[PDB]
**Q** 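Could you have a look at this structure, given as C-alpha cells, before my questions?
In what follows, chains are A, B, ... by sequence order, proteins preceding strands, each numbered from 1. Note: modified residues map to parent or X; extra atoms ignored for contacts. All values below were derived from every heavy atom in this structure, side-chain atoms included, with hydrogens, water molecules and symmetry-related copies excluded. Header lists the method as electron microscopy, 3.2 Å.
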Amino acid sequence: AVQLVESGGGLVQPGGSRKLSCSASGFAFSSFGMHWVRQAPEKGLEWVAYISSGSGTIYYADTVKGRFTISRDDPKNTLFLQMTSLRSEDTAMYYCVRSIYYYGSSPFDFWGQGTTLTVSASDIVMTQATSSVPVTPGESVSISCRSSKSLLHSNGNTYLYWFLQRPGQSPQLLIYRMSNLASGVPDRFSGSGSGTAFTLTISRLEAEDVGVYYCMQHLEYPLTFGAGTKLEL
Amino acid sequence: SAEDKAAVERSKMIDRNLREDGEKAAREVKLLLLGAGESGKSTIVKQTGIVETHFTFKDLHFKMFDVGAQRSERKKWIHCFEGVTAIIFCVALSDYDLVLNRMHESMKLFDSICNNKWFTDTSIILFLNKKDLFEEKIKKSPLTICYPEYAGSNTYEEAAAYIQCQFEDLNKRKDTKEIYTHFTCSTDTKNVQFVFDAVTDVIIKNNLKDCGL
Amino acid sequence: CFXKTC
Amino acid sequence: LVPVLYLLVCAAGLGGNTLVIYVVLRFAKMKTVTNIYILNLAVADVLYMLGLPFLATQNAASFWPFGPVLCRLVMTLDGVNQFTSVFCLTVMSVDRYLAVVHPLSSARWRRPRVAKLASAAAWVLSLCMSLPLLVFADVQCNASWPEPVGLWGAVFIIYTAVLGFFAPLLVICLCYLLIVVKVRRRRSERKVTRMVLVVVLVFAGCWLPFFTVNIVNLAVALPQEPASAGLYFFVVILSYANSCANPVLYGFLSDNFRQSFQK
Amino acid sequence: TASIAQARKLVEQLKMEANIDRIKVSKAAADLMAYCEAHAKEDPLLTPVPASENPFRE
Amino acid sequence: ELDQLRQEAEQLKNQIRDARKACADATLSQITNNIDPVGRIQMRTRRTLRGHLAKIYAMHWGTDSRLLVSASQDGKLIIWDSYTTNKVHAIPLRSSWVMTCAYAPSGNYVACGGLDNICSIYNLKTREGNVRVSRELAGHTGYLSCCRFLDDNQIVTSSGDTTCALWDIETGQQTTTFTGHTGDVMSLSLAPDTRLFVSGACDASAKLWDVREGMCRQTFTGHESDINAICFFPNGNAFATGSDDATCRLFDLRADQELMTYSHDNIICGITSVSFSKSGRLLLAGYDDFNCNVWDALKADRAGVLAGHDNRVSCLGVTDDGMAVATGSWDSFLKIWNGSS
C-alpha cells in the first residue's frame, strides 16, 4: 500500500509565493531519497528539487536555484517545499518521487499523484524527438532519447530512467537506470543499449500502454527531465 | 557516480547507526548462568535455547542467560561466552544429605570451567544454591557421607569452609580470575545487588586493563 | 640566561 | 660532560619513542582512544628529542650549524613540542579518568572522532603558546625578550610556566590520583599504584627543575662557572629525559602494551 | 529392541552404500585434476586477479 | 538378540572396511605428487571490512560475489558491499548468539540461526524500504548450528539436539527430519545441487543425508574429537571436517571413508571453520591459532597462512566467484583477502 500524495498550489498571482508538500506512506520513506519533477502543460517534465537519503546532499535546479527550498520531515513522513517570488514560467504540474540508493536498488520507482501550480501571465539534455508514432495495440514500439556523452561509468550503471506518463495519473517506472526492470511493471516494457544508443523495446500495447514517455538523467548533478511526448496511441 | 555518492552516504549513515548500537552492545553485560539441572537456578531468576532475561537493576541493563535448559555438550558452545563480565554458578549444595552421587559433578565441572582456555579472566561467581535446605540437611546429617576427608562439624560456617574450599582449591588462577562468593539468601535485594557490585568490580578491572593503568 | 641556554 | 651526556640522553630517548610508536601502530592496532592518545605524546616526544643537540651547541660553543636555523624557529618549533607533550599527557589522564571513573556517558567524548580533535586542539594551543616566540625570534638562541622592550620576556615565561605546569601537570595530570579514589585480588591496589604514582612522580621530578631554576633565573641570574654550565645542563638534561622516561613507562606498565610488546 | 531397527538402519547404509559400485579413490583423484583445471583458472584466490579493476585486487 | 545382532553388525563393519581398503590402495597424498604445490599463497588484505563490533561467527556470500552477509555475537546481521566497503543493510537480529548465517540463492532472503534454535528468515528486497523477517523456524530442541537455503522456500537446519531437519517456510513446519546422530551437530553443508547435504556432530561422526526422504544416506568416522566445520566440495561429492583435535579430515561420498588429514606437529589448535575455493585446490580453514591457515586440500600441506587477525579465525568463506575470502574472525573485523598482482 505505497501511497504518495501531494497538495499545495493551483493558482498563483504574478510575483507571488506558494508552498508545496508531499505526503508519503506505506514504505520506509526515512531511508529513501526523494526527487521533485515538475510538468508544464502540453510539455515535458522538469526537475526542481532534490534531497538525498537522510538530508545529506540537498540539490536544486538552476531555473529555481535560490528561489526554491526543499526539506524532508522524516519523523513525520512528509515533504516540505517553499517557492517564493514565483515567475510566470512556474505554470506546471509537480510530481513527488521517491528513491532508494544502494547496490542494485530501485530509484525513482513510485511517483506521487501530482499537484498542479498555475501562475497567470551548460549541462546535458536529451533528445525526445519523434513526437508521435501511433500504432495499433497489436504491434511493438521502441522509444529512445539520446545523450551526448557515454552513459556507462566505471561502475557500468547507465542512468536513463524510463517512464510512461499515462493520461490522468503519474508516470510508472518502467526501467530505473537503463538496464534493470522495475517493481510492478509487466514483462512487455524492456530496454537495451550500448553506451549512447538505447532501445525502449516494448512488446505489445493495450489501453494502459497509452501515454507520453519521458527519460531522466542522473549521471551529472542536474536531473534534466524529459521533453514533452505524445501518447502515440 | 551520483548514485554511488548517495550509496556511500547511505553507508556512512549505516555506520553512524552501527556505532550507536555497538556502544550500547559494549555497555551491556553478559552474565552467564551455568550448573546442572538440579542446581535450582530458577530461584535466582525468580526475583528452546537461552531465556535471555534482560533486566535492569541500577540503570545498567543485565542480560542474564538461563541457558541451563540447553541440555547439550557445553564444550562445543561455551566458547560463545568468552567475552562476558562474569559467570554465575549456582553450587549444588545438596551434597549435605542428598545423593544423586553427592554433588561431585559440581567439582567435576568447576575444574573444567577454571581450567578452560576461555575462562581465565572471566570472574566466575559462586552461589550456594539451595542454601536454606542445605543448612537443614547438614544440621540433620553429617558431611562425611561423601566427603570422608572433610571436617564438617555440623555447622553452616564449616559447611561452607569445607565445600566451597573444595572447589576453590581446584581454582588455580588466583591472580587473574577473581571468584566472588555469596551464600544464596532468599531475600529481595542482597541476591542481585551483590551480583551488581561484582559486575561493577569486574568492569572496573577490565576498564583499567583497557586504559592501560 | 633564559630559554634553553645562558 | 655534555659530549657524552647529550648523546646518551638523545640516542636511547629518541629510539625508545620510535620503537613504542612502531609497536603501538603495528603489533596492536587498538583503535581505542587511548592508543592514539598516547601516540600523540609519543610523536610529540619523537619530534622534541631533536632539541638536545640544539641546546648542547651552547656548551659546544657553536651558536648555529647553519646560521639561520638555530634562532629563527628552533625555539618556536622544538619548544612547542613541550606544551604539545604536556597537553597530550593531560589528554591521556582525562581519557583514563573518563574510561574508568565514569563511562556513564562515554559516547559523547570517548569516541575516536574526539580523540583526534583533542589532539589537534593540543597542537594548535602549543603553536599559539609558541607563536610569540617566533614573532620575536631574533637574537645573537633565546629571543623572547630581546625583540620587545620592557618585560615581555619575563611575561612570556611566566605564562609558559602557568600553561605548562600549573594547569596541566599540577591539577589536570593529578587526575591519576583521583582515578583510584573508590576503585583501588587485593594486590591489584599495589599493582595499579606502581603505575599511578610513578608517572606523576616522574613528571614532577624530572620536569619541574627546569621551570623552577629559570623562574629563579628570573629572580636572580647567578654567576656562572663549570658548576653552572654543567649542572644547569643537567637540569635541562633531566627535563629532556622525562621525555625518555614517559614512553618506556607507558609501554611497559600497561598490560595490554605488555601483551602488545610481546606480540 | 530398537537396536534391531537401528541395525537395520545400520545396514540401510552399509547395504545400499556398499551395494553400489563403491568406485575406488582412483576416480576420486581424477576430478581433483580435471575440475582443478576446470575451476582453478577461475580460482582467483589461486591465480591472482590482475583485472585492471579487479573486484578487490584493483 | 543383543550379541546376535552385534555379530552381524561386526560382519557388516568388516565387509565395508575391507571394501574401503581394497578400493583405497593408498592415501591420496602419495598419488598427488604429480600435481605441483601451490606454494606460499600470499593474500593481501585488499579490503579490510571494518565496521563489525564483535566476534564474527559466520560470513556468507550471495550468489553475486559483490554482496556478503556477516553474522557476529553483537546481533548485527550486516549486508556488505565488498566492492566499496559499503553497508547495503544492517539487519538487527532477534537472537544475538548467531553461529550461522545464510544468503538465499535468489538473494531476496537471508537467514540466521544459533542458540535459540530458530532459523529466522529475512526479506531483503521488499516493496517497502526496510528488510523484514519472513518466518521463524521453531521445532528444534537443541541449539541451531547451520542454516543453508536450498531454494527460496526450503531451509535446512542442523541443531544441537543430535538431529537435522528440512523446512518449508510457506507454512513453518518441518517436511522431513534427520535423526541419526548421538552428539550435537555442528556444521551442515548443502551441496551445489542441494539434493544431498552433510552435517557434522560432536561425536566425530559426519553423516550424509537425502533431502527428499529423511534417511541417513551415509555415515563417516575417523576424527578423534568434536567436528567443528564441514563445507562441501564444489564438485558436490565430498567435504572436509575440521575438528577440535587440531586436524581436518577430507571425506568422500562414493568411498565412505576418510581420505586426507590436515594437521602438523606445530599446530595443536582446533579448527573453527572450513571453506573451499572455486577449484577446491585451497581449503581455507580458520584455526584458533589466530591465523586462517590456508591448507592445500589436494596436498594436505600448509601452503599458505592468512595471519592478519588478532584473535582466532572464527568463520571464513570464498565468494561465488571466489574473488574474495572474508576471514572475519573472533577479532571484530573482516578482511577481504585477494591475490595481489
**Q** Quick check: main partner chain of chain C by heavy-atom contacts, named as in UniProt?
**A**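 Chief contact partner: Somatostatin receptor type 5.
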**Q** So what drug did they put at chain C?
**A**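 Answer: octreotide.
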**Q** Can you tell me which other chains reach within 4.5 Å of octreotide? Heavy atoms only, strictly under.
**A** D
**Q** Define the binding site of octreotide at 4.5 Å using heavy atoms, by chain and number.
**A** D:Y48, D:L55, D:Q58, D:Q82, D:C141, D:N142, D:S144, D:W145, D:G153, D:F156, D:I157, D:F210, D:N214, D:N217, D:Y232
**Q** Name the residues of octreotide lying within 4.5 Å of chain D, using heavy-atom distances.
**A** C:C1, C:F2, C:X3, C:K4, C:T5, C:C6
**Q** At a heavy-atom distance under 4.5 Å, which transmembrane segments of chain D (UniProt, N terminus first) touch octreotide?
**A**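 Going by UniProt numbering, the segments with a heavy atom that close are 2, 3, 5, 6, 7.
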**Q** Could you check what the entry lists chain C as?
**A** octreotide
